[PDB]
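Record below includes RG7112.
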Amino acid sequence: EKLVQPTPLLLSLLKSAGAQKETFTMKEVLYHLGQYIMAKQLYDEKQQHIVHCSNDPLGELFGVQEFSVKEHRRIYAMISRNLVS
Ligand SMILES: CCOc1cc(C(C)(C)C)ccc1C1=N[C@@](C)(c2ccc(Cl)cc2)[C@@](C)(c2ccc(Cl)cc2)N1C(=O)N1CCN(CCCS(C)(=O)=O)CC1
């Protein structure tokens with residue numbers, strides 16, 4: 001599997017959620033981002049698949065401040081913009 005390298009901001013969020021390295025598989029990056037979202041309680045109370053970013057630094061990585069965990073292609077796109085090329 002390919003080990004990717006999150007840029008500064010993204011990496012900071014992953015480490016806050018428990019990540020302890022600099023390179024990860026995309027599966028690991030996503031797992032840690034999910035943990036970050038749960039830790040920060042960014043998910044919507046009523047529609048739990050919805051993630052609110054307008055009040056969190058995670059919002060800096062998205063154009064539209066709300067995304068669904070069901071939007072895998074969109075989420076992969078966001079991460080790609082935050083990987084060392
Ligand atoms: C952060 C929220 O993530 C998810 C939330 C949901 C619910 C709550 C809407 C169903 C479903 C799937 C999830 C959920 N889907 C995952 C697998 C995923 C994997 C790849 C991609 Cl591209 C997108 C999503 C992941 C890892 C996630 C990863 C990145 C991001 Cl930005 C958000 C979530 N995620 C996750 O973190 N959890 C933790 C909480 N778990 C809670 C499981 C509870 S239960 C009763 O359904 O078993 C479920 C898995």
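Counting from 1, the numbers follow the sequence of the chain as shown. Quick check of the header: X-ray crystallography, 1.7 Å. Atom set for the values below is all heavy atoms of this structure, side chains included, hydrogens, waters and symmetry mates excluded. Counting starts at 1 for both ligands and their atoms, following the listed order.
In this structure the chain with most contacts to RG7112 is the one the PDB entry names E3 ubiquitin-protein ligase Mdm2.
In this structure, the binding site of RG7112 at 4.0 Å (heavy atoms) is formed by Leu30, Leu33, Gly34, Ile37, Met38, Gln48, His49, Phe67, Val69, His72, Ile75, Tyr76. Distance from atom 39 (C) of RG7112 to its nearest protein heavy atom, with residue and atom name: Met38 SD, 4.0 Å.
Taking a distance limit of 4.0 Å, we find that atom 41 (C) of RG7112 is approached by no protein heavy atom. Nearest to atom 11 (C) of RG7112 among the protein's heavy atoms is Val69 CG2, 4.3 Å.
Interface atoms of RG7112 facing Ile37, defined by a heavy-atom separation under 4.0 Å, are 1 (C), 31 (Cl), 32 (C). Closest to atom 35 (C) of RG7112 among all protein heavy atoms lies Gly34 CA, 4.4 Å. Protein heavy atom at the shortest distance from atom 8 (C) of RG7112 is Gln48 CB, 4.2 Å.
Protein heavy atoms all stay at least 4.0 Å away from atom 47 (O) of RG7112.
Summary of contacts: the protein heavy atom closest to atom 29 (C) of RG7112 is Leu30 O, 3.2 Å. There is a protein heavy atom closer than 4.0 angstrom to atom 31 (Cl) of RG7112.
For chain A, the PDB entry reports the organism Xenopus laevis. Distance screen at 4.0 Å: atom 24 (C) of RG7112 has a protein heavy-atom neighbour inside the cut-off.
The protein heavy-atom contact nearest to atom 18 (C) of RG7112 is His72 NE2, 4.1 Å.
Near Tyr76, the atoms of RG7112 lying under 4.0 angstrom from a non-hydrogen atom of the residue are 22 (Cl).
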